[PDB]
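Presented below is an entry in which one can find secukinumab.
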Amino acid sequence: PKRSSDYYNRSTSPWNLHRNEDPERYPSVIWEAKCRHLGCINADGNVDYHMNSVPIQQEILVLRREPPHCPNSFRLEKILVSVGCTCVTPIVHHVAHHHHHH
Amino acid sequence: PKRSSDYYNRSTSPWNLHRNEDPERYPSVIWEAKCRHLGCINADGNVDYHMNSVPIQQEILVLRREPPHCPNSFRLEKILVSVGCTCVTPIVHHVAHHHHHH
Amino acid sequence: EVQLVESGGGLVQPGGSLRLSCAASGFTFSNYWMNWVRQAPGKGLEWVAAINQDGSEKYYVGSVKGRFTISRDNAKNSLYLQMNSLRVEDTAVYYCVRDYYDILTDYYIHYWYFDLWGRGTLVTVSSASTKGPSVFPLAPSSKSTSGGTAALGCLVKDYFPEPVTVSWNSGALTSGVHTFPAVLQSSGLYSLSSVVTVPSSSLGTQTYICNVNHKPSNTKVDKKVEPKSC
Amino acid sequence: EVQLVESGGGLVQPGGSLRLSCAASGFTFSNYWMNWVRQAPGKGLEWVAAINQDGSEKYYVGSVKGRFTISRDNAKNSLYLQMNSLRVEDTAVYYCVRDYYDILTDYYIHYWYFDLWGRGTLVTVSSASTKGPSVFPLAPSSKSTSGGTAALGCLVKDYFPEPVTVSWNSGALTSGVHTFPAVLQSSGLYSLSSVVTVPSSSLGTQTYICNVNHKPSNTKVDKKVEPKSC
Amino acid sequence: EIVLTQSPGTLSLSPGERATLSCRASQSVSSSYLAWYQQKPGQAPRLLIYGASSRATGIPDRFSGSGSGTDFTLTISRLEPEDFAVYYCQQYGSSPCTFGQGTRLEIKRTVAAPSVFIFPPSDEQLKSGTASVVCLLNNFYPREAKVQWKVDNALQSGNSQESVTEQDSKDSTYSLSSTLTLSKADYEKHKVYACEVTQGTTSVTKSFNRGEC
Amino acid sequence: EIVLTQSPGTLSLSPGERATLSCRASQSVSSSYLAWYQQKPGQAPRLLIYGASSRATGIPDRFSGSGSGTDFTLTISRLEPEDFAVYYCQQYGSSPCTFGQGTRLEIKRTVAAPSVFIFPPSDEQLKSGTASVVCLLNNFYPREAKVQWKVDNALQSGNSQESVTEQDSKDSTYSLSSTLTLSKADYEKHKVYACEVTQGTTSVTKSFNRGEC
């Protein structure tokens, strides 16, 4: 059993996971990432406000029993969930080919 | 119809999305994020190697027809997929409460 | 036709609050990132805060951390800057600016430079009270000591905050008029002089009145400048 | 009992390659982040590269970008540093180090400091060729000019690379021996002296031989130092 | 943060001449993301150049930019009267966006000596307890002039303030005001008030005797 | 990058004395993540302190650390002979981890004058075309000594190299070698070879005459 990732704590754009519980859901327990700071944590450990922590969104397939309280075989649905956070700036940067492909 | 996020291009840990296609999959077209650089792009637009771009992993529910080539009603499965990348360092940083809750 | 008009500026004491507004017109406001850029009197340009199209991203300069808040209302074509815990070094003209962008394929590319600027709004952070000027004459001699040319004027002293306007003979005298930029005195109040060179033979035949307007205190001073005859 | 032992060091020409290895023993190697730290002769410590437990993260100092590669084999309890396009300023003793960590609840906390160090491996990057030393006597006078004490020695000249060992009378003479640290000459070759002060009355009754070993060239020189009698 | 250093601080040239303005960055600017702005007194800045060398919309051909990495230039091939303003460079290759401190481009004309006038404080001001003595230097060139105050031949220090107008749009000259502030009691204790204006190898002293014609 | 500046470069104290070592950071170190290492000649560094004030395993009570932000101290309440080594501070609050340049802690003893010896080149070396003239300063204190070479009374410059031993574990002295390198042809053109050793207000010159007893 491998140790669950600590990226949420070591990221320059750290996040906390919030539990979402509903009986009309599969999985019933869903973990949503909420960015810790508006800014990003620089190399020195300080918050820089010329950078922003933004949540990465993903469309997840969840099972919904129609009519309610009837689990067997039906049709599922899609829901947007925040998986983690990334650090952005207002600039689209361009960097050489030798730094690429990793 | 809202413009799909450009975080993959403005992130300090940028990524590219690779298409995964299989007839025994729902959704059949899956987008996997692959980190562009080993390092992270600093504020100046340069690659810093005392930081690392790491992919954020998420467990997605995918439909698998058993026996193959029979779509109607059966039992689905879980698969780990890379959604995007984040910037990490070897240090777990600690920052004051007024910079928190955002 | 495209325009940005800022409002909300004024005098505020240190530790005070002020909200700036910028009205955008002639373009699709929601298509653009916007910024606030400031300029202290007689100094350079300085970035303050940035905001993206839908306000999901907000960026700030190091010196305004936790004190200033940038926001926008895309339905009201408005940009805002909430300024709390104001400091004396926050005194500046604040400009509302629009950022250039491109659309390559179906991808939006923001560039952090400004293709449109407002006219700016003056923000004065000081503990000095609003006061109208004390207008004193800079009287010419009745008998000249500079040939055919005489200088006369008005010393516009101890007013706060900026600005003042000075006219001569209700705007009928403009030629050879020099209204000097205001200097901040050690008292924290401004002072300036407005001068004019006229023919010394006109001193007996022509009345010279400086009209000093100070909108912050709603004071207007009309001072007749008479020759200092012996 | 815990240990880190580096190997792979040696002389390499500028533009060359070298692979360093570090063998870990006495602890669970896979539980730790590891680093390479270097020290140029007579200088300070400098971080080179870091690697996490499973090698999913690799960090490097600015000066080794694209040239050095850190890797590990958790089944073989080994750490590696692949050094390509080597430069003269890469000349240093390279240390293999283990990073301290904590386990708070079920969470692993890495700290970027080193609770265990290897003994290091010398990496010399130079265009100078491996050469054994030329051993010359530092002969004492038969008739002393320093009272009862005479100094004698061996000048160990023009050898490359480091290290050399110097002993006297096959290790039987240790008291009052001073083997000086090597100095890099303008030729790119090293030179040192090894001296000993003995009673001047012993010069006739005792033989003095310096034993110079130079493992890089597999050369051993035994030089009898005879008094310079007139 | 990238620091932008502009050179020279002030550039004095005549219409028709070529202007070369320099912007030096403390570190390399990504993708040559350097812009230039022109700002005239009382007005907002206006974009001239972007991407180091591209002209903004409506910008004439006489304006051109060049450079990469850390060194950038703004060139005006033939100066027109309207081009005399303050110019700022700005980088957008590094977060946060930063500006240079500016280069003021002023009109070079012939040396003109100023008409010096001295004004005693008004009797009206004297009842408030303060005496302001004003010295006016009218329509001179260049901007640099040394103004010194003397009270009964004793040179004054720290009790004056100067103000200079913008360059005149018609004759390209400057005017300067120097104000000497004294208490009424100090003003009444002395007789001779002198304003000494030095421009090169020439000094002009304009004076008055308190309570005299 | 956080730059760590250590002070003093060299600290000369006797066993029993208290040692105070300083580490100054160019910027604040997060969570006081500062470590100290001791390194003896020919050996690898050894961790003493972590988290600015905590002792590593097996480290005696005489070693203590303090400080936060930018200023940190390493204290040795009572120095023992084994504590004389080089000490490095290291920060791990900012990426990348960086080290100070070190403080060498050396044993302070009484001033001892060196026994000076001069050696002409061997006749064996002379056939190779090079002459190495050696000057030995044996068992002196302090480490600082001025060694000058004179050839027929002409002061030499740029043709010598010095080497100093580690502090002697028994008497706490240093020994120094100074080597003068000349071609055989230059060596044979001159007669008097002198090595001048200055220590304070005293100079000792040890010499020889080439081809003389």
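Residue numbers begin at 1 in each chain, while the letters A, B, ... track the order of the sequences. Technique stated in the header: X-ray crystallography, 2.2 Å. Below, all heavy atoms of this structure are taken into account, side chains as well, without hydrogens, waters or symmetry copies.
The structure holds secukinumab at chains C, D, E and F. Lab note: most contacts to secukinumab (chains C and E) come from the chain UniProt lists as Interleukin-17A.
Using a 4.5 Å cut-off on heavy atoms, the other chains next to secukinumab (chains C and E) are A, B.
Source organism (PDB entry) for chain A: Homo sapiens.
The chain of secukinumab (chains C and E) showing the greatest number of heavy-atom pairs under 4.5 Å with chain A is chain C.
A heavy-atom cut-off of 4.5 Å gives the epitope of secukinumab (chains C and E) on chain A as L38(A), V47(A), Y49(A), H50(A), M51(A), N52(A), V54(A), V88(A), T89(A), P90(A), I91(A), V92(A), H93(A), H94(A). Here the residues of secukinumab (chains C and E) in heavy-atom reach of chain A at a cut-off of 4.5 Å are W33(C), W47(C), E57(C), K58(C), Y59(C), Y60(C), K65(C), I109(C), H110(C), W112(C), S30(E), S31(E), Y33(E), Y92(E), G93(E), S94(E), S95(E), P96(E).
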